[PDB]
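Numbers in chain A track the PDB entry; the residues on display, in order, are 4-13, 17-168, 184-352. Order of appearance sets the numbers: ligands from 1, and atoms from 1 within every ligand. Values below: all heavy atoms of this structure, side chains included; hydrogens, waters and symmetry mates excluded. Determined by X-ray crystallography, 2.0 Å, according to the entry header.
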Amino acid sequence: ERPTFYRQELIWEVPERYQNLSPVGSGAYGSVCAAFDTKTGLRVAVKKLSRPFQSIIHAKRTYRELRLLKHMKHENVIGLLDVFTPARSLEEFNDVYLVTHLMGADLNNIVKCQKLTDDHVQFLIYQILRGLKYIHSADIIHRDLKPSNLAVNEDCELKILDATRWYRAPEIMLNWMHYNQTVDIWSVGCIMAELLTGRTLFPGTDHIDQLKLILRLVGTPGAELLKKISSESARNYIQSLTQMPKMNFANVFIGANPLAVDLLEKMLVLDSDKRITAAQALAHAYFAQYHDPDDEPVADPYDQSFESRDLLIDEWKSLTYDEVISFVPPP
Ligand SMILES: C[C@@H]1CN(Cc2ccc(F)cc2)[C@@H](C)CN1C(=O)c1cc2c(C(=O)C(=O)N(C)C)cn(C)c2cc1Cl
Ligand SMILES: CCCCCCCCO[C@@H]1O[C@H](CO)[C@@H](O)[C@H](O)[C@H]1O
């Protein structure tokens, strides 16, 4: 049958299994409380979606978020321990709560603007890439990978969730579309660089500065890249710049493990088609001590056809309700 609920003001209405509700992040992740799950003995985070069925777009967003989190089942990706509503029917259904592991910190919190050891960077980047492989295998592109979106606990176990512009692929900065999954690989390279050196790779002051700093490291586009640019305004502007050569990453990241440097060379290539994939990165010798080709799992096909659909509020709501009811908690 149905769990007993209680009501509290932080008027959250949750099952009794969740105790010690305490607001976290204040606003950054929405309305989220840390809590203790008495059923599992785990510290959890409970998110109450805001106004989930106020509008078609709210409704579609609610459905999108629930679908995604229900699909993501991987050690290095945030997924769902639980989903619940106080509603006992569809006509009653107005609130949606998601539950996941309370990791307790994000990457910023672990680095502290300091140098990590090479071994530690291997472990952290390995986890990010393991998680990314899974995500990309579901035909998902993250698009905003950054330290604040990488959750970590005290044992630096890491899960991918979900300052601002510093990790973004340059094609994203320039509103390219046709985006490759390797946009996320660019983001990994920027993160890795920072963990090794203790400094932001491209700390741009604004958008244009950010692209200037990128180009100074990885050079101006070669002919092979320029032949794939269909916008003549973009093409013509690029060529009018002073040519710069790629910097030698070996001089830039001096002291670094040469295999770390080699991996950075392969991630931080301007041409997204020439960037290493997550699967390929995991097989790179940098991660010899953690790589296991038989425990780098991939995802079930992920049907995102709903994105192209224009439905009514009550349709998105009923579909969301269906997903709440069909949820099966992880073993
Ligand atoms: C992934 C979980 C769940 N939570 C949101 C969430 C996502 C999906 C879901 F189903 C339920 C909740 C994230 C916002 C943060 N989160 C954390 O573990 C977390 C938790 C914290 C955190 C705190 O816990 C905190 O405020 N203190 C005082 C320890 C401080 N920071 C910087 C944090 C960063 C993260 Cl990523
Ligand atoms: C002015 C700064 C130059 C930025 C060049 C970004 C090149 C990224 O690379 C491009 O990514 C596209 C997908 O996003 C692909 O369709 C292209 O084939 C690929 O070359």
*Asks:* Looking at this structure, what macromolecule is in contact with ligand 1 the most, according to UniProt?
*Replies:* Mitogen-activated protein kinase 14
*Asks:* Write down the drug at ligand 1.
*Replies:* SCIO-469
*Asks:* Which residues of other chains have a non-hydrogen atom closer than 4.0 Å to SCIO-469?
*Replies:* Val30, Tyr35, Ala51, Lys53, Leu75, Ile84, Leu86, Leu104, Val105, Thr106, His107, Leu108, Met109, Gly110, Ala111, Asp112, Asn115, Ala157, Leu167
*Asks:* Atom 7 (C) of SCIO-469: which protein heavy atom is closest, and how many Å away?
*Replies:* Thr106 CG2, 4.0 Å
*Asks:* Please write down residue, atom name and distance for the protein heavy atom closest to atom 35 (C) of SCIO-469.
*Replies:* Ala111 O, 3.6 Å
*Asks:* Write down the UniProt domain of chain A that holds most residues touching SCIO-469.
*Replies:* Protein kinase
*Asks:* I'm curious how SCIO-469 sits relative to the natural ligand site. Which residues UniProt lists as binding ATP in chain A have a heavy atom closer than 4.0 Å to it?
*Replies:* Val30, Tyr35, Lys53
*Asks:* Is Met109 close to SCIO-469, meaning an N/O of one under 3.5 Å from an N/O of the other?
*Replies:* yes
*Asks:* Enumerate the atoms of SCIO-469 whose separation from the nearest heavy atom of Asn115 is less than 4.0 angstrom.
*Replies:* 31 (N), 32 (C)
*Asks:* Which atoms of SCIO-469 are found less than 4.0 Å from any heavy atom of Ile84?
*Replies:* 1 (C)
*Asks:* Before signing off on this row, confirm whether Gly110 and SCIO-469 have an N or O atom pair separated by under 3.5 Å.
*Replies:* yes
*Asks:* Between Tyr35 and SCIO-469, is there a nitrogen or oxygen pair with a distance under 3.5 Å?
*Replies:* yes
*Asks:* Nearest UniProt active-site residue in chain A to SCIO-469: which is it, and how many Å apart by heavy atoms, rounded?
*Replies:* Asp168, 7 Å
*Asks:* Under 4.0 Å and counting heavy atoms only, is there anything from the protein next to atom 22 (C) of SCIO-469?
*Replies:* yes
*Asks:* I'd like the atom pairs linking SCIO-469 to the protein - N or O on both sides, separation under 3.5 Å - with distances to 0.1 Å.
*Replies:*
residue, atom, partner, partner atom, Å
SCIO-469, 18 (O), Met109, N, 2.7
SCIO-469, 18 (O), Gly110, N, 3.0
SCIO-469, 31 (N), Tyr35, OH, 3.3

